[PDB]
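See below for the structure under consideration.
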Amino acid sequence: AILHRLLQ
Amino acid sequence: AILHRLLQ
Amino acid sequence: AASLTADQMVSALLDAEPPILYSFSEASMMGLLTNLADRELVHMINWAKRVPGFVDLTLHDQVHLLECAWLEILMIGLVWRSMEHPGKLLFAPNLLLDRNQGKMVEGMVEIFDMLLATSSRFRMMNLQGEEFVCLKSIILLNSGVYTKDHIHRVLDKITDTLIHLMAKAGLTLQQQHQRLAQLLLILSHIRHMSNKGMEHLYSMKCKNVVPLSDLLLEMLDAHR
Amino acid sequence: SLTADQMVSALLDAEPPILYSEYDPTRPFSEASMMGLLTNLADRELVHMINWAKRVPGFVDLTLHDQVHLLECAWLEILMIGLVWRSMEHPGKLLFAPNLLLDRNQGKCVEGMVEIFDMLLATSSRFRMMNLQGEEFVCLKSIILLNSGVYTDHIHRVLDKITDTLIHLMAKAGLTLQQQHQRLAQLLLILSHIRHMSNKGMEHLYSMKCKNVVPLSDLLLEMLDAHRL
Ligand SMILES: C[C@]12CC[C@@H]3c4ccc(O)cc4CC[C@H]3[C@@H]1CC[C@@H]2O
Ligand SMILES: C[C@]12CC[C@@H]3c4ccc(O)cc4CC[C@H]3[C@@H]1CC[C@@H]2O
């Protein structure tokens with residue numbers, strides 16, 4: 001999931 | 001409208 | 001209306017309360033639910049006419065607010081009735097449905113889960129009946145209002161009434177403001193659930209899974 | 001542990017910038033090109049939104065899964081309250097970007113969008129009527145982030161602190177005790193309207209996607225997908 005990565 | 005009539 | 005005291009507002013709203021009406025296959029359950037909704041709707045109209053300030057509005061405005069808010073009003077009613085039944089939705093005294101029975105209808109369990117979580121929220125807040133009727137009146141007057149001060153003055157009076165109830169209960173100033181906010185934020189969640197429910201009802205209508213009353217059909221297509 | 005003044009300073013500092021659209025004034029709009037501009041803008045704002053959310057007190061303490069859920073639930077509400085705020089000083093128009101200021105007649109370019117424009121405009125008008133302040137706006141936007149997905153105890157404590165902060169701001173601005181709870185209620189009831197607009201907007205975006213009107217970024221597809229329309 002892209003948002004999951006972006007939150008990091 | 002029915003609602004119109006119900007409101008009287 | 002604007003000349004009522006807090007205690008008189010509360011008494012007016014408590015007296016205006018509608019009756020609790022009595023009520024598997026997918027068509028069976030949806031038939032039971034929509035049949036109930038249709039009968040509740042007739043009583044909702046009488047209730048609305050007794051919410052202080054509502055009859056001061058034009059017939060056009062009364063129609064608009066009820067078209068906007070009717071499913072929110074049915075849902076907050078359902079959540080209130082279900083508060084004392086963890087994991088269950090008390091649609092009627094003789095129709096208490098558990099969470100898994102929502103799977104009996106397509107797309108319904110997701111809506112059940114949202115309603116159950118709201119009921120659970122009410123329970124953890126220990127929502128009071130006096131608070132519940134204030135919130136329901138706010139839904140009626142607020143949900144369609146952005147489409148001029150009389151309604152807003154009435155809304156301010158209901159806020160005053162909620163705060164009065166909380167002061168009467170011994171909450172501190174800080175606790176009153178916090179609880180007022182907590183209650184009003186639940187109305188965002190009720191709006192969300194109404195929007196999802198309206199989409200679902202529209203989908204059932206298209207499939208002809210169930211016959212819908214003329215009134216319900218008109219309340220539905222008001223949401224275009 | 002934050003005071004109200006510290007809460008406000010933190011939120012004001014965390015504010016994202018106002019971005020520009022890719023508007024090309026050499027050509028007329030089509031339904032497709034207008035949707036392209038709006039979604040291209042949304043996608044670039046989302047990157048800033050993600051970084052803003054990490055600066056909202058208490059948000060980064062949540063699990064990554066909870067952070068994902070809250071943003072998935074709230075992202076279009078947050079874009080919309082930002083738009084309505086930007087548009088306050090422009091009666092009858094929506095300031096999507098400094099180079100993309102649209103009225104309702106321009107909204108008619110896209111099937112079904114004028115109805116949504118009308119709701120956003122009405123909300124902007126309500127903000128104006130209330131004289132909404134910047135400090136109040138950033139509190140509301142943070143409340144949307146933490147509340148919208150919260151019913152799907154730490155978060156509630158944070159939400160209570162934002163309530164404290166709103167009242168503090170109103171008190172500091174000289175409102176009477178009664179005016180304070182009345183205005184607190186008026187502001188929070190706006191959030192019901194913003195939720196409503198987001199749900200309508202989400203259905204509209206889904207329709208555009210399903211008619212192949214506009215290519216959506218992978219991120220936007222996943223943010224839309226989260227709403228399982
Ligand atoms: C509208 C639905 C049928 C009628 C339901 C009802 C029926 C009666 C009532 O008192 C409350 C509710 C809320 C949930 C509603 C349902 C949500 C989806 C479904 O289509
Ligand atoms: C989601 C839409 C495109 C993106 C739009 C946008 C884009 C950027 C932004 O800052 C705010 C908004 C709110 C209105 C949104 C629109 C409502 C319907 C349309 O599909």
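Each chain gets a letter, A, B and so on, in the order the sequences are listed, and its residues count up from 1. No hydrogens, no waters, no symmetry mates; every other heavy atom, side chains included, goes into these values. If you're wondering, the header gives X-ray crystallography, 1.6 Å. Order of appearance sets the numbers: ligands from 1, and atoms from 1 within every ligand.
The drug at ligand 2 is estradiol. Looking only at contacts, the largest set of contacts to estradiol (ligand 2) comes from what the PDB entry names Estrogen receptor. At a heavy-atom cut-off of 4.0 Å, the other chains in contact with estradiol (ligand 2) are listed as D.
Residues with a heavy atom within 4.0 Å of estradiol (ligand 2): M35(D), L38(D), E45(D), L79(D), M80(D), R86(D), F96(D), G201(D), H204(D), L205(D). Distance from atom 6 (C) of estradiol (ligand 2) to its nearest protein heavy atom, with residue and atom name: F96(D) CE2, 3.9 Å. Within the listing of estradiol (ligand 2), atoms 3 (C), 4 (C), 7 (C) sit less than 4.0 angstrom from a heavy atom of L38(D). Per UniProt, the 17beta-estradiol-binding residues of chain D include some within 4.0 Å of estradiol (ligand 2) by heavy atom, namely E45(D), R86(D), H204(D).
Among protein heavy atoms, the minimum distance from atom 10 (O) of estradiol (ligand 2) is reached at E45(D) OE2, 2.5 Å. Not a single protein heavy atom sits closer than 4.0 Å to atom 16 (C) of estradiol (ligand 2). At a distance under 4.0 Å, no protein heavy atom can be found next to atom 2 (C) of estradiol (ligand 2). Remark: estradiol (ligand 2) and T39(D) share no N or O pair separated by less than 3.5 Å (distance only, no angle test). Counting the atoms of estradiol (ligand 2) from 1 in the order shown, those under 4.0 Å from a heavy atom of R86(D) are 10 (O). Most residues of chain D touching estradiol (ligand 2) map to the UniProt domain NR LBD. The atoms of estradiol (ligand 2) that sit less than 4.0 Å from any heavy atom of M35(D) are 20 (O).
The entry attributes the source of chain D to Homo sapiens. Applying the 4.0 Å criterion to heavy atoms of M80(D) picks out, from estradiol (ligand 2), the atoms 13 (C). Under a 4.0 Å criterion applied to the non-hydrogen atoms of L205(D), estradiol (ligand 2) contributes the atoms 20 (O).
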Are there any protein N or O atoms under 3.5 Å from the N or O atoms of estradiol (ligand 2)? List them with distances, or say none.
from                 : atom 1 : to      : atom 2 : distance (Å)
estradiol (ligand 2) : 10 (O) : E45(D)  : OE1    : 3.1
estradiol (ligand 2) : 10 (O) : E45(D)  : OE2    : 2.5
estradiol (ligand 2) : 10 (O) : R86(D)  : NH2    : 3.1
estradiol (ligand 2) : 20 (O) : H204(D) : ND1    : 2.9

